[PDB]
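Here the structure is laid out as structure tokens; the discussion comes afterwards.
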Protein chains: 2
Amino acid sequence: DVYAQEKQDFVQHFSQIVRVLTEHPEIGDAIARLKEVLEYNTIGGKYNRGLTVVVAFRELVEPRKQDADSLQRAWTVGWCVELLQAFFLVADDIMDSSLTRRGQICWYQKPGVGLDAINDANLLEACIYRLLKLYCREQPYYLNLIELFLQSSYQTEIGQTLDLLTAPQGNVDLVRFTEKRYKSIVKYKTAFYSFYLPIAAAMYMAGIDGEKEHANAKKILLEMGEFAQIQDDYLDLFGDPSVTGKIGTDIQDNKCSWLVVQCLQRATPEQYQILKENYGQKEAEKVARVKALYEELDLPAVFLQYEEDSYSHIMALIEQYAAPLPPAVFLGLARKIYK
Amino acid sequence: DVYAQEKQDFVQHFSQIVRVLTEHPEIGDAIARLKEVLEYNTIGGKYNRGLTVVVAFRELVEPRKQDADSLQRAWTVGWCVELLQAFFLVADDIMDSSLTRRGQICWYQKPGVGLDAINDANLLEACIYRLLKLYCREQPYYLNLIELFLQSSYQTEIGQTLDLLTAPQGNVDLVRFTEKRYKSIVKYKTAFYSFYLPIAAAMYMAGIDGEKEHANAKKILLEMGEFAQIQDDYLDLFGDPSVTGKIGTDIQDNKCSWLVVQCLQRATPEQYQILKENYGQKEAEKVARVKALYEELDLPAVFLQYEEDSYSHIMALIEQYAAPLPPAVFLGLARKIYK
Ligand SMILES: C=C(C)CCOP(=O)(O)OP(=O)(O)O
Ligand SMILES: C=C(C)CCOP(=O)(O)OP(=O)(O)O
Ligand SMILES: NCCC(O)(P(=O)(O)O)P(=O)(O)O
Ligand SMILES: NCCC(O)(P(=O)(O)O)P(=O)(O)O
Ligand SMILES: [Mg+2]
Ligand SMILES: [Mg+2]
Ligand SMILES: [Mg+2]
Ligand SMILES: [Mg+2]
Ligand SMILES: [Mg+2]
Ligand SMILES: [Mg+2]
């Protein structure tokens, strides 16, 4: 629990991030709206990505080099990752027609916001580079960070494209829901920005810029990302919204979920037809019918066994590729992800 | 007409831009969608911003330094500006609830596209930095260009925020439609990316990176941007869609248009009430009523006089601040904008 006490210290730095980003009186009204956007969307999460930057920074840099300004740049780059997340989620909730996020109504669903949330999400993305310029402009890793935040956006956007193309509204897409398709979607849409980006940001900030070390870390982190998305898909249906903070839509949205991939792999010809007639539709009785089929195929028990096989697999990859990084960097993140 | 012959040469370079951006078989389907997005949204315009990069590059660099690779980087940076435009317009058409753009139906209005256009617009933005990396990575102006494309996005997004905040759907906002408000909106939402960004990109590519020269060029270019937006607002209502390629929505969208600012400045107490009761609403009879009031206040004649006063003003600013740049750089763009 290296991030447990570090959680409140990280959140305490948000007020300054806002003050700096909310510092030309003509654009006053727009700046007031940006503060309102930041406060609604970048707060309320677990901050696992933002904290990973800070915790990984501390574990990779010698304390004699961890000065007040150096640490300030670490929390700031941590909050840049949280703004990247906030950008993706504001937009993903519109495209996934979501209702709630982190225990409250979706920013676009708020009266008086609507489709203006599209520009609001883009302002969240713009703020990353605004922060990187304000704090990392003179640093030798400045361009490496910008290129890493830009590349992470492209990877995710390419992943979202795959996600939306495999899930067309109104079209039976069971033929597309394969294991190979699934692994490509989750690698691009989640695994790069959620696991590779926070550790790589800390690595570049610690002067670790070698291609081999970044490739070795990536081998561990992308496999961890694959599990986090399988867990996210499992919780979309079998998770408690009081804990998850959001309401699942994967069945209604005809999404290439891990569960439907597992359903199709185990379904009898009769069970496939029930799935065909009820998947990808808005009717509650159809969604209920799909959830009834999943429970009949013991997919929650199939997920339990997967979590164990996956945990053992990621641990074998940490033993294989962690060096010369402290294994604590990868274990702390494994601890946050597995329960 | 320094861009007239240069138009077809610029468009001929698009096929390679697509081939390079559409060059991991797993993401094949997403890459096919990106090509479809590029071909629908980055083609059909006048390409004035993209051509300005190329024409300004030619006029600022000595021909002995204008090699095949150097020129290739110029057309590519020109197409980066066209992709920035395509990103903003795909998103602006959703938020402005537009029907057509460049003679065809809006990408989001297309059956099977919808709100997925949000991710499509973000992929267009991602492509800029993908291109800048592929062609300008080794150049000394690489970071200056990235920072200029990022800063231009923020400026525009801050401008769009002002634009949407001044135009709330369902609220009478005539008190907000002032000359001071108007000049702030158009400076941020249009003037920076449409006029400063193409010339500044060429300036950095020509090794002109001095703050004073960039400030002097900005003085001319932002004032030119203010006129281009006044002309855009005028054409929203009094322009021919066969020429403009789009259908005006400013009255229905309760936008802080130059015309409504001019209406309010000249309206009798009785005329103000007709505007109050009919502006910002979707009913055709209400929009017709507003257009009838504008024509009664001779706003098309008021625009004619403004275009002349503005032309004389921008020409005085070129005489004042053009040096040491060739005046041809600013005159060619003035020629494209004024008619
Ligand atoms: C990409 C994933 C699977 C979904 C959201 O991530 P988080 O679970 O980290 O959400 P927040 O804590 O930031 O709200
Ligand atoms: C920002 C302005 C005022 C609107 C669109 O610009 P253009 O008139 O340049 O549009 P395209 O030629 O690119 O279609
Ligand atoms: N990966 C971003 C958002 C998600 O994880 P979320 O379940 O909406 O939070 P998705 O399932 O849409 O991929
Ligand atoms: N500036 C971007 C788009 C516009 O010019 P357009 O008239 O929609 O092309 P707006 O009037 O919305 O500002
Ligand atoms: Mg989602
Ligand atoms: Mg999604
Ligand atoms: Mg999910
Ligand atoms: Mg518009
Ligand atoms: Mg607009
Ligand atoms: Mg307009």
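By convention in this document, chain letters (A, B, ...) are assigned in the order of the sequence lines, proteins followed by strands, and residues within each chain are numbered from 1. Side chains included, hydrogens not; waters and symmetry mates left out as well; all remaining heavy atoms used. Just follow the structure's listing: the first ligand is 1, and inside any ligand the first atom is 1.
- Matching the molecule at ligand 3 against acivicin, metronidazole, neridronate, pamidronate gives pamidronate.
- The largest share of close contacts with pamidronate (ligand 3) comes from the chain named in UniProt as Farnesyl pyrophosphate synthase.
- Other chains near pamidronate (ligand 3) (heavy atoms under 4.0 Å), by letter: A.
- The binding site of pamidronate (ligand 3), defined by non-hydrogen atoms within 4.0 Å, is formed by A/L89, A/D92, A/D96, A/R101, A/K189, A/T190, A/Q229, A/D232, A/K246.
- Inclusion of A/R101 in the set of residues having an N or O under 3.5 Å from an N or O of pamidronate (ligand 3) is warranted.
- The search for other ligands and ions under 4.0 Å from pamidronate (ligand 3) returns ligand 1 (3-methylbut-3-enyl trihydrogen diphosphate), ligand 5 (magnesium ion), ligand 6 (magnesium ion), ligand 7 (magnesium ion).
- Considering backbone and side-chain atoms together, A/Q160 places no N or O closer than 3.5 Å to any N or O of pamidronate (ligand 3).
- Remark: pamidronate (ligand 3) and A/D233 share no N or O pair separated by less than 3.5 Å (distance only, no angle test).
- Pamidronate (ligand 3) has a nitrogen or oxygen under 3.5 angstrom from a nitrogen or oxygen of A/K189.
- There are UniProt Mg(2+)-binding residues of chain A with a non-hydrogen atom under 4.0 Å from pamidronate (ligand 3), namely A/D92, A/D96.
- Of the polar atoms of A/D236, none of the N or O atoms is found under 3.5 Å from an N or O of pamidronate (ligand 3), judged by distance alone.
- In the deposit, the organism given as the source of chain A is Homo sapiens.
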What are the polar N/O contacts of pamidronate (ligand 3) with the protein below 3.5 Å, with distances?
unit_1                 : atom_1 : unit_2 : atom_2 : d
pamidronate (ligand 3) : 1 (N)  : A/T190 : OG1    : 3.2
pamidronate (ligand 3) : 5 (O)  : A/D232 : OD2    : 3.2
pamidronate (ligand 3) : 7 (O)  : A/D232 : OD1    : 3.4
pamidronate (ligand 3) : 7 (O)  : A/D232 : OD2    : 3.1
pamidronate (ligand 3) : 7 (O)  : A/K246 : NZ     : 3.4
pamidronate (ligand 3) : 8 (O)  : A/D92  : OD2    : 3.1
pamidronate (ligand 3) : 8 (O)  : A/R101 : NH2    : 2.9
pamidronate (ligand 3) : 9 (O)  : A/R101 : NH1    : 2.7
pamidronate (ligand 3) : 9 (O)  : A/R101 : NH2    : 3.0
pamidronate (ligand 3) : 9 (O)  : A/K246 : NZ     : 2.8
pamidronate (ligand 3) : 11 (O) : A/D232 : OD2    : 3.1
pamidronate (ligand 3) : 12 (O) : A/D92  : OD1    : 3.0
pamidronate (ligand 3) : 12 (O) : A/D92  : OD2    : 3.1
pamidronate (ligand 3) : 12 (O) : A/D96  : OD2    : 2.9
pamidronate (ligand 3) : 13 (O) : A/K189 : NZ     : 2.7
pamidronate (ligand 3) : 13 (O) : A/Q229 : NE2    : 3.4

